[PDB]
Amino acid sequence: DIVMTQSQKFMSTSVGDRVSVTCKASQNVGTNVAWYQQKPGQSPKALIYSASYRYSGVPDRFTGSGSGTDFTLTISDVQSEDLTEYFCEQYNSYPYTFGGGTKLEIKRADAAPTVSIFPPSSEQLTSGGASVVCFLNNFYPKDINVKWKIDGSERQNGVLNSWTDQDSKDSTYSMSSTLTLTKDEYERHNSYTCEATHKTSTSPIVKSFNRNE
Amino acid sequence: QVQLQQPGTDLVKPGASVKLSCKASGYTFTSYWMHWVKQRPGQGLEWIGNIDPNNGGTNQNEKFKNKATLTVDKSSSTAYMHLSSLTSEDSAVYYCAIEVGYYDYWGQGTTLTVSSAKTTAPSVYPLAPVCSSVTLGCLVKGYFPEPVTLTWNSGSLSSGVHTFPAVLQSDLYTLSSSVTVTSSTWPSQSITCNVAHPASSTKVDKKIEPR
Ligand SMILES: CCC(=O)N(c1ccccc1)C1CCN(CCc2ccccc2)CC1
């Protein structure tokens, strides 16, 4: 089978720049190469066919070049909306084969997280669970330290964190952090704190509540 | 308008067989080759094969030779992919795709989960703030299999939304979603998370109310 190699898993760039993603075929494929864009959780969208021809409706910021074994997708005037995965594919001979994909990544200005803490809902308490949820939204860069405290004591057991991909509107990151307790554990303490350190500040962002309010 | 309709969700036991369908409309079904593509959790794309609906002729990736069979039903304009002796390695999104003129068209994909764990409906909890802009939340806890669909005000509320990837905890998934609006908007106007889990025939709306 023909092997398509996209050697870069990740490629950093800034908005307005030009960026080039490469693909090397293991044997000659003529110009019978296609490029695709994939938004997280969506079907692929074809950008280029026959190495250099845009499918209709594709912005002309996307161009393709190459023939034989070396193929390049170039994106001019990069924007937040281009934060997707890009795949090359050869359709010169069966079986058609894809490259492993390249993720774009955008350097932008630093931004502090907006932090929100949520006590268990009354409905959840009726069923015997207690989840405390903390959102840390629209920050940059990706590095962030989240810490939970209960009654002034650090809590690590039962915390689960989930990160969005870099945002296609503003190139920021967001994160959820969920502390899952039993109802008995929740009712056995009073103060619950989600706290975050991030390079935008010299002091943690602290959001807190008391169960008995 | 060219459209390819795929069922969104299929959960099956290991060792079973499944028949995935792709229903076409808006063009002459027999005039265009149908392609099938596999995409595994957090992985790349694999071409499975294509089929000529006019005569049933197929080209298949040999990787899937004893796994997949492609067929078509002319009279219902439907392409099928039969997968046999399923394993967890077959859990993936499966896409059907065509090119008509100079446009590509894709089905929305069937998320096939191969597992011996059981369909579980989620509990859906509204998250209001503690007692200039306010953030609300929606917690979707304890469901199987993926996916769930979550929207805000039936999709009309789309900006300021962050819906986070699900995480797995003891064979069940949990996700949450946040939405940020101006303090003059809520609670003066109504905001509701709509959560669908097709696998469990589950559709619920939780209005966010102040505590
Ligand atoms: C992964 C499936 C796949 O390989 N493709 C595909 C992509 C989207 C939807 C259906 C199939 C190829 C795309 C390029 N074409 C040849 C070029 C071309 C371009 C425009 C019109 C006609 C032909 C062969 C099939």
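Order of sequence lines = order of chain letters (A, B, ...). For chain A, we keep the numbers from the PDB entry: what you see runs 1-213, in order. In chain B, numbers come from the PDB entry; the residues present are 1-131, 137-216, in order. Structure method, as recorded: X-ray crystallography, 1.9 Å. Hydrogens, waters and symmetry mates play no part in the numbers below; they use all other heavy atoms, side chains included. Numbering of ligands and ligand atoms starts at 1, following listing order.
Most-contacted chain for ligand 1 in this structure, per the PDB entry: Antibody heavy chain.
Going through fentanyl, vixotrigine, linezolid, the drug at ligand 1 turns out to be fentanyl.
Other chains in heavy-atom range of fentanyl (ligand 1) (under 4.0 Å): A, B.
Other-chain residues and nucleotides with a heavy atom under 4.0 Å from fentanyl (ligand 1) are A:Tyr36, A:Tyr49, A:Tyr55, A:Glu89, A:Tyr91, A:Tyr96, A:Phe98, B:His35, B:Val37, B:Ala97, B:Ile98, B:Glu99, B:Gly101, B:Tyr102, B:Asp104. The A:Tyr96 neighbourhood of fentanyl (ligand 1) comprises atoms 4 (O), with distances under 4.0 Å to a heavy atom of that residue.
Proximity to B:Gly101 (heavy-atom distance under 4.0 Å) selects the following atoms of fentanyl (ligand 1): 21 (C). Every atom of fentanyl (ligand 1) is numbered from 1 in the order shown, and the set under 4.0 Å from a heavy atom of A:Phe98 is 1 (C).
For atom 25 (C) of fentanyl (ligand 1), the nearest protein heavy atom (residue, atom name, distance) is B:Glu99 OE2, 3.0 Å. Nearest non-hydrogen protein atom to atom 17 (C) of fentanyl (ligand 1) is A:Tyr91 OH, 3.6 Å. The name that the PDB assigns to chain A is Antibody light chain.
Of all protein heavy atoms, the one closest to atom 6 (C) of fentanyl (ligand 1) is A:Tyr36 OH, 3.8 Å. Shown in contact with B:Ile98 at under 4.0 Å from a heavy atom are these atoms of fentanyl (ligand 1), numbered in order with element: 9 (C), 10 (C).
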Tabulate distances under 3.5 Å between N/O atoms of fentanyl (ligand 1) and N/O atoms of the protein, writing both atom names on each line.
| unit_1 | atom_1 | unit_2 | atom_2 | d |
| --- | --- | --- | --- | --- |
| fentanyl (ligand 1) | 4 (O) | A:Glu89 | OE1 | 3.1 |
| fentanyl (ligand 1) | 4 (O) | A:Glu89 | OE2 | 2.6 |
| fentanyl (ligand 1) | 5 (N) | A:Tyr36 | OH | 3.4 |
| fentanyl (ligand 1) | 15 (N) | B:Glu99 | OE2 | 2.5 |

